[PDB]
Novice: 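Hi! Got a PDB file here: bekanamycin bound to Aminoglycoside N(3)-acetyltransferase.
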Amino acid sequence: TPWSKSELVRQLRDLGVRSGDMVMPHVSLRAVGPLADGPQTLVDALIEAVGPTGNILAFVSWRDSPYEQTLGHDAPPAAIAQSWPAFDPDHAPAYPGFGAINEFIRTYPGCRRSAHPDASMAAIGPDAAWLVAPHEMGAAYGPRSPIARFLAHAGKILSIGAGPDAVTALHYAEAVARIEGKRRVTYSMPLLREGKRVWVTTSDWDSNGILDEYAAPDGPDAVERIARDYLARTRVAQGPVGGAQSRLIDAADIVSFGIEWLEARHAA
Ligand SMILES: NC[C@H]1O[C@H](O[C@H]2[C@H](O)[C@@H](O[C@H]3O[C@H](CO)[C@@H](O)[C@H](N)[C@H]3O)[C@H](N)C[C@@H]2N)[C@H](N)[C@@H](O)[C@@H]1O
Ligand SMILES: [Mg+2]
């Protein structure tokens, strides 16, 4: 029997999602199981559990981000620079690798999209506009980004069948941690400004490994190692959403744990 919206809403209530909550979901749809009306059933259940006063924040990114094509260069390669489409936040589809649910969240009516092409976030709720802006190049996940305002606004991380590597909010901990040898990257993004395509080159913290030992491909990063340690030492509400196992995590608490975790292991 495919899961109905109402069943999902009640499981989300059992897990601890309250009216008015600020929630960031990481969803594996395969672990959830079949839904009454496909992935939209889970989106509707999230909106309903969070209520008319709550908020959803999702890391959707961009399907056609020229990250690899421009990473390491002082300027976009000529072939890339002439033909690559500019980031249109109203029509650019989400990145499928971060979850198939994100394209349904971003096309939901009233959803707002942040301006960062590679680190794009989508928000639904009365505080959506406050969440998504500003989001500038050079502040992907660090202070002054949507994740920062999410952390200050009692955000909860809702992992539905996702692994510990999926906690996007922990990249904030990498940004602010006082440790030596933090890796940075340089890449270019095509932005749409006053109707016109403009290429912008910036540098930011390497979101694929803040230090060399976490940048390996094979290859657990700092985010996964922090999350595994956290989940082994912390009481966290656990339960099923659909057929997937889910955890509701206090975002400020795990980020705070991540800063101490990184700073205890690497001198300043
Ligand atoms: N390093 C190990 C981790 O890698 C990926 O997670 C990363 C993404 O790679 C990164 O993405 C960036 O780099 C990609 C590859 O160059 C580009 O395609 C993409 N546009 C660009 O946003 C996110 N920003 C942060 C996230 N933790 C895997 N999901 C995760 O399971 C694994 O633990
Ligand atoms: Mg409010």
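Per the PDB entry, chain A residues shown: 19-286, in order. What's counted below: heavy atoms across the whole structure, side chains too, no hydrogens, waters or symmetry copies. Read the numbers this way: they start at 1 and go in the same order the structure lists the ligands and their atoms.
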Novice: Which of the ligands or chains here are copies of bekanamycin?
Specialist: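 It corresponds to ligand 1.
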Novice: Taking heavy atoms and a cut-off of 4.0 Å, what residues surround bekanamycin?
Specialist: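 With heavy atoms under 4.0 Å, it is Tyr85, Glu86, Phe116, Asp136, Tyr159, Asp183, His189, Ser225, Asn226, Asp239.
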Novice: Under 3.5 Å between some N or O of bekanamycin and some N or O of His189?
Specialist: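 Yes, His189 has an N/O under 3.5 Å of an N/O on bekanamycin.
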Novice: Which residue owns the protein heavy atom closest to atom 7 (C) of bekanamycin, what's the atom, and how far is it?
Specialist: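 For atom 7 (C) of bekanamycin, the nearest protein heavy atom comes out as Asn226 OD1, 3.6 Å.
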Novice: Just to confirm my output: which protein heavy-atom neighbour is closest to atom 18 (O) of bekanamycin, and how far is it?
Specialist: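 It is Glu86 OE2, 2.8 Å.
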Novice: What atoms of bekanamycin come within less than 4.0 Å of a heavy atom belonging to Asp239?
Specialist: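 Those qualifying, in numeric order: 33 (O).
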Novice: What is the organism of chain A, as given by the entry?
Specialist: Enterobacteriaceae
Novice: Can you tell me the protein heavy atom closest to atom 29 (N) of bekanamycin and the distance?
Specialist: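 Ranking protein heavy atoms by distance from atom 29 (N) of bekanamycin, first comes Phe116 CE2, 4.4 Å.
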Novice: What residue and atom, counting heavy atoms only, is the protein's closest point to atom 24 (N) of bekanamycin, and at what distance?
Specialist: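 So the nearest neighbour among protein heavy atoms is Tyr159 OH, 2.8 Å.
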Novice: Students should be able to answer this: which protein heavy-atom is nearest to atom 22 (O) of bekanamycin, and at what distance?
Specialist: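 Ranking protein heavy atoms by distance from atom 22 (O) of bekanamycin, first comes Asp136 OD2, 2.9 Å.
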Novice: Output the list of atoms in bekanamycin that are nearer than 4.0 Å to some heavy atom of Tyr85, sorted by atom number.
Specialist: 13 (O), 16 (O), 17 (C), 20 (N)
Novice: Give the residue, atom name and distance (to 0.1 Å) of the protein heavy atom nearest atom 30 (C) of bekanamycin.
Specialist: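 For atom 30 (C) of bekanamycin, the nearest protein heavy atom comes out as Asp183 OD2, 3.6 Å.
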